[PDB]
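Snapshot of PT523 at Dihydrofolate reductase.
To match the PDB entry, the residue numbers of chain A are left as they are there, and the shown ones run 1-186. As the structure lists them, so they are numbered: ligands from 1, and atoms in each ligand from 1.
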Amino acid sequence: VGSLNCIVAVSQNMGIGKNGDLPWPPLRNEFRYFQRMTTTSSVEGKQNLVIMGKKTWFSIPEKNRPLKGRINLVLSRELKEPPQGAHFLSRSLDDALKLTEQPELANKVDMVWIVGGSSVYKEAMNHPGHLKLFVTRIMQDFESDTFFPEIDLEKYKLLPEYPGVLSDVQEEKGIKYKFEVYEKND
Ligand SMILES: NC(=O)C1=CN([C@@H]2O[C@H](COP(=O)(O)OP(=O)(O)OC[C@H]3O[C@@H](n4cnc5c(N)ncnc54)[C@H](OP(=O)(O)O)[C@@H]3O)[C@@H](O)[C@H]2O)C=CC1
Ligand SMILES: Nc1nc(N)c2nc(CNc3ccc(C(=O)N[C@@H](CCCNC(=O)c4ccccc4C(=O)O)C(=O)O)cc3)cnc2n1
């Protein structure tokens, strides 16, 4: 089993997507951060398991799938055979987790990352115990149509200076943004 983390990149107005896409111009260093965080395993030899919705999966340039050095798991109610390149296809979130309990995935998985979308987040956030949130805050407003569930600052404790996370303000093409990490442990 192990560790359960969610990583999101959100506009000032809580927008995460637009048109089966990202609302802002591509920020490589975020994408190189999303990549590094998801990939980095604690214990040597173990890999990270990343879970995403269907639409999220097909939004990675066909090029990029699966996301190398991680187990690619995709949720769908509808598909019957895992997507081309995915390694696991599950029907519910809870099955995805139930998957990692399996002694055959017990030794090979480290951290689980909920990399989106929009509903995985929400039931992933209502799930008891410990959960860490890795929020990139674009310090601007974007025109979005799918949004991130509000952080319950009295349920979620925003951690000041965490390991391997550059706590300061960034800029890529005039867009300023920072790396945050919220925790909950009830
Ligand atoms: N900026 C960011 O950090 C992020 C941005 N995005 C962007 O936002 C949008 C993603 O949209 P979103 O609508 O949230 O779509 P998702 O990618 O979550 O796709 C939802 C589809 O996936 C399946 N699915 C999703 N959640 C579940 C579940 N909990 N159990 C079972 N099946 C599930 C269903 O599939 P089916 O109908 O196939 O059964 C549902 O139609 C895109 O624009 C994407 O680019 C997405 C993630 C992070
Ligand atoms: N914080 C955060 N949280 C999320 N949940 C999240 N979700 C998404 C969903 N949509 C994508 C799209 C693409 C990729 C992807 O492609 N991922 C590769 C590496 C890309 C690296 N890099 C590059 O940009 C790059 C690197 C070298 C040369 C060229 C390029 C280029 O994109 O042009 C990987 O291996 O992880 C992942 C998710 C996007 N952003 C997010 N941000």
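In this structure, the ligands or chains belonging to PT523 are ligand 2.
The heavy-atom binding site of PT523 at 4.0 Å consists of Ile7, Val8, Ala9, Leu22, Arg28, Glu30, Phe31, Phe34, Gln35, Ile60, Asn64, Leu67, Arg70, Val115, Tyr121. Residues of chain A that UniProt gives as binding NADP(+) and that have a heavy atom less than 4.0 Å from PT523: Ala9, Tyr121.
Each of the following atoms of PT523 lies closer than 4.0 Å to a heavy atom of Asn64: 16 (O). In terms of protein heavy atoms, atom 18 (C) of PT523 is closest to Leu67 CD2, 3.6 Å. The shortest contact between atom 19 (C) of PT523 and any protein heavy atom is with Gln35 NE2, 3.2 Å.
Inside a 4.0 Å radius of atom 28 (C) of PT523 there is not any protein heavy atom. In summary, the atoms of PT523 found under 4.0 Å from a heavy atom of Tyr121, numbered by their order in the structure, are 5 (N). Some N or O of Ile7 is nearer than 3.5 Å to an N or O of PT523, by distance alone. For PT523 and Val8, the ligand atoms under 4.0 Å from any heavy atom of the residue are 1 (N), 3 (N). Closest to atom 12 (C) of PT523, if we only count protein heavy atoms, is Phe31 CE2, 3.3 Å. For atom 6 (C) of PT523, the closest heavy atom belonging to the protein is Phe34 CD1, 4.0 Å.
Applying the 4.0 Å criterion to heavy atoms of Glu30 picks out, from PT523, the atoms 1 (N), 2 (C), 40 (N), 41 (C), 42 (N).
Remark: minimum distance from atom 8 (C) of PT523 to any protein heavy atom is reached at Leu22 CD1, 4.5 Å. Nearest protein neighbour of atom 7 (N) of PT523, counting heavy atoms only, is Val115 O, 4.3 Å. UniProt assigns most of the residues of chain A contacting PT523 to the domain dhfr. In this structure, the protein non-hydrogen atom closest to atom 26 (C) of PT523 is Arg32 NE, 4.4 Å. Counting only heavy atoms, PT523 sits under 4.0 Å from the following UniProt substrate-binding residues in chain A: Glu30, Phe31, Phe34, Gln35, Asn64, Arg70. For atom 34 (C) of PT523, a protein heavy-atom neighbour is found at a distance under 4.0 Å. In terms of protein heavy-atom proximity, atom 30 (C) of PT523 is nearest to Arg28 CD, 4.5 Å.
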Ligand-protein N/O pairs under 3.5 Å (PT523):
from	atom 1	to	atom 2	distance (Å)
PT523	1 (N)	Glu30	OE1	3.4
PT523	1 (N)	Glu30	OE2	2.6
PT523	3 (N)	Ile7	O	3.4
PT523	5 (N)	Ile7	O	2.7
PT523	5 (N)	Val115	O	3.2
PT523	16 (O)	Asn64	ND2	3.2
PT523	35 (O)	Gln35	NE2	2.6
PT523	35 (O)	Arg70	NH2	2.1
PT523	36 (O)	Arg70	NH1	2.9
PT523	36 (O)	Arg70	NH2	2.9
PT523	42 (N)	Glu30	OE1	2.8

